[PDB]
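Read the structure below first, then the notes.
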Amino acid sequence: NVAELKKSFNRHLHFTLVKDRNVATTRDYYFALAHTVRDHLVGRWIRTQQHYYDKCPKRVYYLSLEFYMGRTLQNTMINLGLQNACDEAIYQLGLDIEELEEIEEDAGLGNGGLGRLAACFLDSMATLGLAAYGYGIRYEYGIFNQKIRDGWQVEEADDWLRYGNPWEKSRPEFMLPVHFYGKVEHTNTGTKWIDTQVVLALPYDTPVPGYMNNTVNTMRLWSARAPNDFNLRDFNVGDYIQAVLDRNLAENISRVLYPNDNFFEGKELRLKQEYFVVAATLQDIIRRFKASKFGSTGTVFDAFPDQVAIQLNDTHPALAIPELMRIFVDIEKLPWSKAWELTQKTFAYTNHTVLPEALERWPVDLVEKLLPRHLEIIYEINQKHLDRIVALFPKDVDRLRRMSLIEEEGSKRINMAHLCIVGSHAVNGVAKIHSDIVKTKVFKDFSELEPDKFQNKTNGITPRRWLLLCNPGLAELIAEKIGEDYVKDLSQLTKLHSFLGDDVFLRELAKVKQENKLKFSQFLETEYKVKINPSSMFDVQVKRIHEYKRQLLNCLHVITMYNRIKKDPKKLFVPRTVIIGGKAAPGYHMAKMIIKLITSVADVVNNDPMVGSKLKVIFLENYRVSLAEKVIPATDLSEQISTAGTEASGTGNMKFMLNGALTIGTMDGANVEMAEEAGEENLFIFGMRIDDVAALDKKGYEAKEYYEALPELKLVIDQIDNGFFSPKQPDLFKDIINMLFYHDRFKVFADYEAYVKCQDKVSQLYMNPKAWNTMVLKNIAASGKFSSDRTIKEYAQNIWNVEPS
Amino acid sequence: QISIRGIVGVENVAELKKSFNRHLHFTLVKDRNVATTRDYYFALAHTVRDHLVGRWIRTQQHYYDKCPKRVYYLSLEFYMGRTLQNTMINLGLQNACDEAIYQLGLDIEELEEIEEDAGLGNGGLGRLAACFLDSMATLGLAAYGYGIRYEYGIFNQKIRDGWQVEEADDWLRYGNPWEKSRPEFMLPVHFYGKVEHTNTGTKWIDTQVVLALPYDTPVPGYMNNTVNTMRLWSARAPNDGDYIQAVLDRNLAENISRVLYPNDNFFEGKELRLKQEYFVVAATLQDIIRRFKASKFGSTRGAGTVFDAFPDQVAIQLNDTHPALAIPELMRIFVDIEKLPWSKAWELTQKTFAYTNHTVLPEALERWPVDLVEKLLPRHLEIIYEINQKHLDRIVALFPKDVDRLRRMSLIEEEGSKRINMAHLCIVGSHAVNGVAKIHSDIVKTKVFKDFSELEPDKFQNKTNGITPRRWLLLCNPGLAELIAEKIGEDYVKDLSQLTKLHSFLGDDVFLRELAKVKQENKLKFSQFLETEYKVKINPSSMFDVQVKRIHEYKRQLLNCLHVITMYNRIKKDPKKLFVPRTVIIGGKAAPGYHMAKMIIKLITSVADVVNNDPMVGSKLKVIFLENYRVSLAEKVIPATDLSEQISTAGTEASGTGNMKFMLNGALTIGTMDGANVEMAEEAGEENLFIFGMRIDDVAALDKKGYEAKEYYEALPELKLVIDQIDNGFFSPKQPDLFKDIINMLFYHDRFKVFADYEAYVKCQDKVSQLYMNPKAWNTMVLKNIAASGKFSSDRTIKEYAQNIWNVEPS
Ligand SMILES: Cc1cc(C)c(NC(=O)Nc2cc3ccccc3cc2C(=O)N[C@](C)(C(=O)O)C2CCCCC2)c(C)c1
Ligand SMILES: Cc1cc(C)c(NC(=O)Nc2cc3ccccc3cc2C(=O)N[C@](C)(C(=O)O)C2CCCCC2)c(C)c1
Ligand SMILES: *Cc1c(COP(=O)(O)O)cnc(C)c1O
Ligand SMILES: *Cc1c(COP(=O)(O)O)cnc(C)c1O
Ligand SMILES: CC(=O)N[C@@H]1O[C@H](CO)[C@@H](O)[C@H](O)[C@H]1O
Ligand SMILES: CC(=O)N[C@@H]1O[C@H](CO)[C@@H](O)[C@H](O)[C@H]1O
Ligand SMILES: Cn1c(=O)c2c(ncn2C)n(C)c1=O
Ligand SMILES: Cn1c(=O)c2c(ncn2C)n(C)c1=O
């Protein structure tokens with residue numbers, strides 16, 4: 001088995017890379033290994049498809065504009081049971097497998113939580129044997145690579161396909177046309193959408209192997225191509241060369257991921273992406289349905305929602321609803337009511353945020369020009385929707401305004417969330433607190449009519465990538481005590497509760513953490529030229545840079561610690577390495593300022609000789625999935641400090657819990673449920689809760705009162721305001737200060753005192769290894785709920801109506 | 001050739017079947033139950049490429065170990081066609097692969113037709129490069145081809161309402177199983193910026209950078225151990241307003257290798273074209289220098305790398321002036337980067353480069369505006385000026401009284417907008433300059449660059465073009481290849497001169513029959529193709545009269561067309577008279593901006609509609625415009641041909657290579673004494689070709705006197721009828737004035753004197769008709785043509801370059 005892996009490796013280096021070992025590159029070796037590994041799942045990949053054809057299980061289609069997949073090599077080795085053998089084979093060839101793994105580019109086709117949920121789900125659905133496909137866009141450039149230059153974020157193109165992707169297979173025989181612009185004619189043979197521009201969607205298939213089973217599912221991502229055929233409407237002259245160059249304009253549709261996290265930008269190219277992935281995906285689903293054993297019978301499509309479920313990852317693919325209607329009515333000649341019944345039973349919608357700047361509201365003018373037939377269909381859905389509300393509440397005219405899919409205020413906009421609610425048989429939030437707000441407040445008018453529609457499905461993370469892969473030390477240690485059933489049923493981690501008084505096991509737990517810390521410290525000293533204190537608490541905040549996630553609040557605490565040290569250098573101080581990391585959306589000015597502040601603080605703290613090894617600050621550059629795997633297992637304190645009510649769930653919070661970090665955080669999103677499972681006393685909960693925030697909004701938030709009432713806050717803010725951290729540019733952080741005092745929607749100062757006292761309690765506990773690791777163990781033992789396997793089981797039972805196999 | 005019989009032969013087929021099935025499973029990721037013909041083609045291509053990896057690696061090892069002088073064919077074009085069949089044959093695997101595919105239940109022909117042409121060329125220039133690579137591989141020379149990996153080759157041509165329309169040749173849509181990317185050899189290329197003159201010397205600063213990423217395609221030799229390489233460069237944006245627009249604008253850098261400029265024998269001075277030329281030249285020279293430094297002949301001394309041995313290790317052939325920037329680029333690297341003195345660097349440059357001239361037509365000549373070059377390549381403009389100055393100084397020293405000679409020999413044309421004459425740059429920067437046939441090389445030497453060759457008589461040479469007898473006989477015409485093998489053995493494939501041995505069968509009627517049958521079999525096959533693509537009933541006993549080449553005023557498809565109408569008019573005039581029936585096929589792409597060429601296509605299709613549908617004509621005469629003429633199609637139609645039309649005006653066609661393909665494939669030639677036609681006449685005997693019309697002195701005499709087209713129109717009744725028909729709307733009844741531009745050119749601006757050769761052409765055609773009625777006499781002449789075609793093997797051509805230009809030896 002080791003011997004055969006070596007032969008296979010050498011075959012690929014030879015035949016696939018056309019390389020003698022004498023001129024072989026590190027990248028060649030990565031590619032030879034990658035192909036060797038992929039060969040081992042082809043059999044099951046082809047047989048998984050046969051199985052789905054022969055037995056016709058209901059299929060699940062996860063439709064997302066993002067899949068934040070990270071690297072595939074190590075994950076595939078783990079899920080196929082080949083890691084130990086591949087490591088040994090590569091070692092025997094005089095090579096280091098970790099070095100080959102670092103060659104691989106992240107498939108960074110996502111922004112943050114939403115896209116990473118899609119990735120974990122694919123892994124969970126494959127492990128649970130569901131007939132599930134992921135459908136998205138193969139962006140030529142994913143989320144940008146982040147560099148820091150002079151303390152500022154700078155963006156470089158994520159050219160991830162430069163050298164090829166060995167994990168994908170293009171299937172141009174399954175290419176599909178997508179239409180744009182044109183016009184509508186309502187003829188006597190039906191409605192015709194004509195004079196359209198066509199863009200081709202070419203699918204690329206990546207295998208999604210289950211963990212130690214016979215399932216290999218598919219992720220199918222679409223790529224834009226210009227069509228080749230001459231239309232008699234191209235008779236119209238132009239330069240030949242420019243016409244060929246202008247093919248770029250069609251191909252631009254799948255060129256780059258929009259790097260906005262929780263923020264809507266109403267750009268036309270983005271709308272095209274949304275319809276692009278949706279039109280190609282639905283056509284492909286219909287083609288597979290018709291070619292299946294339920295493809296003939298009276299109309300073939302009566303069995304459709306028994307054979308197809310399509311999950312909408314946020315409102316980004318909301319156009320799927322009117323497109324399915326369009327295909328049913330205009331092309332398949334089904335009557336409206338029938339089509340509409342089938343549409344609702346096919347689609348479910350997942351809501352990921354209640355922040356108003358994230359909500360998709362497309363101007364009707366833009367949709368009219370680009371997708372005239374879909375506007376007509378949307379207007380019709382709304383008409384029949386509003387007729388019913390006038391029928392049920394004749395006197396309530398304002399309710400019609402609130403429940404319409406169209407917002408009429410001057411420039412008219414389509415509310416895509418309302419489209420997703422009326423077009424779906426089920427709508428879910430991603431944590432209890434969030435799903436509650438969704439149902440009872442934000443879509444109150446919709447839930448009162450249809451209470452059974454709105455559900456909760458709390459998020460989760462795959463314990464393959466986020467334990468087995470990223471933290472083998474912990475995985476091995478856990479498996480040695482309670483066996484390895486926990487991988488496929490993470491609720492088994494509760495059996496670790498037995499070892500709470502096992503002092504030898506607590507030393508061994510702490511040692512695994514220590515080894516993870518040593519190794520990441522090396523990474524940090526290689527990359528940042530900063531001397532790391534090995535016995536310091538690794539205090540880590542990693543996530544996209546946002547005002548609501550409040551990296552800024554963390555930063556105020558960093559300066560507070562700094563100042564305390566300067567005031568009394570002889571005083572006892574629990575040493576920390578504070579790591580803050582994450583990308584700012586390029587056009588997000590305040591996020592970019594916060595980054596600059598953090599790097600400005602770090603430079604002052606890291607180089608102050610009075611501080612030395614007590615406090616080091618690192619801005620972690622280019623935070624992404626594969627770096628997430630490095631830092632999270634090395635963490636002691638997980639910062640999850642969003643203002644109560646703002647973070648729908650979080651998922652990084654769960655990753656840290658699973659890898660032996662304690663959480664400091666607000667009662668927000670999934671933090672509440674982490675407290676529920678682990679016991680509130682075993683997290684470091686602080687600050688305002690959702691009701692306390694509501695009470696401060698009512699009363700009116702005055703930031704100045706806290707700055708005057710809290711001496712340590714004043715010195716921190718003054719240092720920032722008067723140039724202590726930017727001596728050559730004293731006024732550099734003016735935009736931040738202004739925001740804090742006059743426009744802070746997230747109430748940083750209001751939680752500052754509570755946050756700082758909480759941080760003191762964390763330091764106390766860190767001085768007591770037995771107490772700390774006793775608490776860590778209760779966290780790990782209670783983390784089973786947050787496996788995405790549990791999540792998918794609930795989606796399967798209560799929404800998709802499908803069964804693990 | 002590898003065996004399919006025995007214990008070992010059975011195991012060869014078995015192994016090919018297993019490999020086929022491995023690739024369909026592991027590479028294509030397809031069960032047989034959902035596999036398509038395209039999947040089967042790829043599975044086979046992968047299998048076939050696998051079989052040359054061993055030799056490809058060993059060839060590179062041998063070149064590293066024995067360190068011979070390396071040859072670098074540098075071209076903007078490689079018109080390669082399809083690779084699958086050509087590789088199987090050259091590897092000796094066709095019989096075995098055929099057998100494997102057959103046993104798997106598949107149609108080998110159907111799999112072969114799936115393959116896209118690598119149509120990265122316009123015509124003869126691109127195709128000569130292609131033939132040359134095959135020959136250099138077969139002769140065992142350490143040669144690389146260097147080009148651009150165009151995302152789109154020459155456009156696919158379709159005909160709509162009688163006009164050419166262009167569609168993008170999206171040849172990489174389904175991938176390319178032959179190439180291998182080599183990311184580690186990615187190189188930077190610089191553009192724009194400016195020149196700084198400082199204490200440390202000249203710096204080229206503020207440049208925008210474009211990345212060149214090479215892709216390698218194997219070039220297998222015929223039945224030897226050599227697999228050489230074609231390295232083609234692809235343009236990429238470097239990883240270093242609106243973020244999204246910044247990402248989208250990476251397209252601008254990648255546009256450098258997006259599309260092939262579809263001009264044949266015509267200079268279009270576009271900035272994107274200039275970029276392409278510098279791109280391929282900069283990437284290539286860097287990569288060549290890198291290979292030189294890393295080899296056993298790469299030594300070190302006080303300054304740095306000794307490039308003393310560079311010209312004994314490196315020969316670079318410039319295929320036309322397109323990569324002329326190679327000369328100042330090498331000088332830039334030598335002087336600006338490697339710090340060699342100008343004198344030494346200039347001497348090494350001359351010893352390294354050789355230049356091949358392919359056309360004397362003024363409109364084809366590359367003359368780049370100094371303003372464009374200054375903006376794009378400012379340091380290269382300085383180097384060109386410096387080269388020119390030192391070049392003029394020597395001429396002033398030698399000929400002090402001749403003020404005009406300086407003007408004529410300058411690399412700069414100074415009137416109006418100043419332009420860089422790239423041919424002059426190539427002559428002074430190279431130690432050898434060659435034309436592509438005797439007639440043409442003589443014009444290059446004694447007339448066009450008379451001042452240059454007088455100063456350096458040993459510089460100018462001839463190297464008459466050739467074609468590879470692999471693709472253009474063994475591959476395209478297995479029937480004829482087989483027949484020749486039966487009669488004289490298989491040694492002709494490696495020594496084409498052995499075709500003269502076929503003279504033993506001169507009076508042998510059995511063999512003359514056998515030769516006719518092969519031609520008939522090729523005609524029957526090609527007739528099928530024709531009848532499924534065009535609404536025509538092909539007469540199978542008709543003479544196949546073919547003119548396939550790019551549409552040009554100088555190649556005179558129009559003349560062919562005038563003769564077609566003449567024939568039509570003769571049938572109408574005397575319906576019951578004896579007519580030797582013909583299928584007249586004319587095919588070729590027009591450059592998209594070539595107005596007159598497009599009009600000529602419209603004329604031909606318009607004429608075809610009349611002739612094909614006139615019931616009085618019937619099966620006597622059919623006209624086909626063959627759509628989308630390209631290499632793989634040339635391989636179908638050439639073997640099916642009886643008469644080859646090579647009717648360019650005397651002195652315009654530098655060589656021609658189609659002429660050679662037709663000769664080798666059993667067709668007789670009607671043509672002028674132009675290009676290699678002269679040498680075809682020399683080899684076969686002039687009486688065995690149908691030579692007609694003005695020769696080069698006759699065209700000179702007519703130019704001096706002045707050409708009055710109307711004198712021929714008035715003097716020749718039959719021409720009058722033809723021209724009046726076209727002018728008055730006989731062929732465009734719904735648009736009577738449609739061909740007004742053609743008439744206007746023919747009468748007042750015809751640089752190629754169509755009417756001047758009409759009389760001699762039509763009379764010559766009558767003689768061809770007469771001979772075709774006598775099978776015994778017709779095929780006797782065919783035999784003397786095939787038997788005399790050995791000279792035109794590209795092997796012969798390459799040995800001559802090697803011995804006289806590159807100073808390397810066949811192995
Ligand atoms: C164009 C090309 C073709 C092939 C087939 C390869 N891959 C190889 O494996 N090439 C080589 C294999 C060797 C095996 C033994 C000894 C020497 C070998 C050299 C090569 C090779 O390609 N040579 C280089 C890369 C070359 O450029 O020819 C070499 C020149 C001498 C200095 C070291 C680099 C490759 C890579 C390319
Ligand atoms: C996404 C994907 C994955 C794979 C692994 C393949 N390649 C296959 O070989 N797929 C199939 C193998 C089968 C083997 C036996 C019986 C049925 C099989 C079906 C497939 C298959 O994937 N079928 C298609 C392509 C499917 O996508 O379900 C189906 C689509 C509708 C038209 C008829 C073909 C492929 C091709 C894709
Ligand atoms: C887990 C993950 C996220 C989500 O992080 P949150 O703290 O829940 O917002 C974002 N980016 C990457 C790379 C991740 O792995
Ligand atoms: C050989 C060839 C040519 C060159 O033909 P000429 O008659 O010499 O101009 C042009 N196009 C193709 C496809 C060829 O194979
Ligand atoms: C728009 C968006 O990405 N929302 C995010 O979705 C993920 C996955 O549900 C949540 O963990 C997170 O709280 C939420 O902010
Ligand atoms: C610029 C160009 O493509 N010239 C062409 O070159 C080929 C190959 O040398 C000749 O056969 C042909 O006569 C000539 O027109
Ligand atoms: C104001 N603003 C932005 O401008 C922005 C953003 N995310 C991306 N962008 C551009 N967020 C979250 C934001 O609040
Ligand atoms: C005038 N003209 C052109 O304009 C042209 C051309 N080949 C391409 N083009 C555009 N030729 C040969 C030509 O004579």
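First the proteins, then the strands, lettered A, B, ... as listed; each starts at 1. Just so it is clear, the values below take in all heavy atoms, side chains as well, and ignore hydrogens, waters and symmetry mates. So this one's X-ray crystallography, 2.6 Å, going by the header. Each ligand, and each atom within it, is numbered from 1 in the order the structure gives.
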> Which chain makes more heavy-atom contacts with ligand 7 than any other chain, name per UniProt?
Replying inline: Glycogen phosphorylase, liver form
> What is the identity of the drug or drug candidate at ligand 7?
Replying inline: caffeine
> Which other chains make heavy-atom contacts with caffeine (ligand 7) shorter than 4.0 Å?
Replying inline: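 Counting heavy atoms only, the chains are A.
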> Which residues are in the binding site of caffeine (ligand 7), using 4.0 Å as the heavy-atom cut-off?
Replying inline: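 On a heavy-atom basis, the binding site is A:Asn260, A:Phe263, A:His546, A:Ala585, A:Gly587, A:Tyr588.
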> Using a heavy-atom cut-off of 4.0 Å, which residues UniProt lists as binding AMP in chain A are that close to caffeine (ligand 7)?
Replying inline: none
> Who's the nearest protein heavy-atom neighbour of atom 7 (N) of caffeine (ligand 7), and how far?
Replying inline: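 Of the protein heavy atoms, A:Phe263 CB, 3.2 Å lies nearest.
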> Relative to the heavy atoms of A:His546, which atoms of caffeine (ligand 7) are at a distance of less than 4.0 Å?
Replying inline: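 Counting from 1, the qualifying ligand atoms are 12 (C).
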> Which residue supplies the protein heavy atom nearest to atom 12 (C) of caffeine (ligand 7), what is that atom called, and how far is it?
Replying inline: A:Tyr588 CE2, 3.3 Å
> Going by the atom numbers of caffeine (ligand 7), which of them fall below 4.0 Å from some non-hydrogen atom of A:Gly587?
Replying inline: 4 (O), 10 (C)
> Atoms of caffeine (ligand 7) less than 4.0 Å from A:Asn260 heavy atoms?
Replying inline: 8 (C), 9 (N)
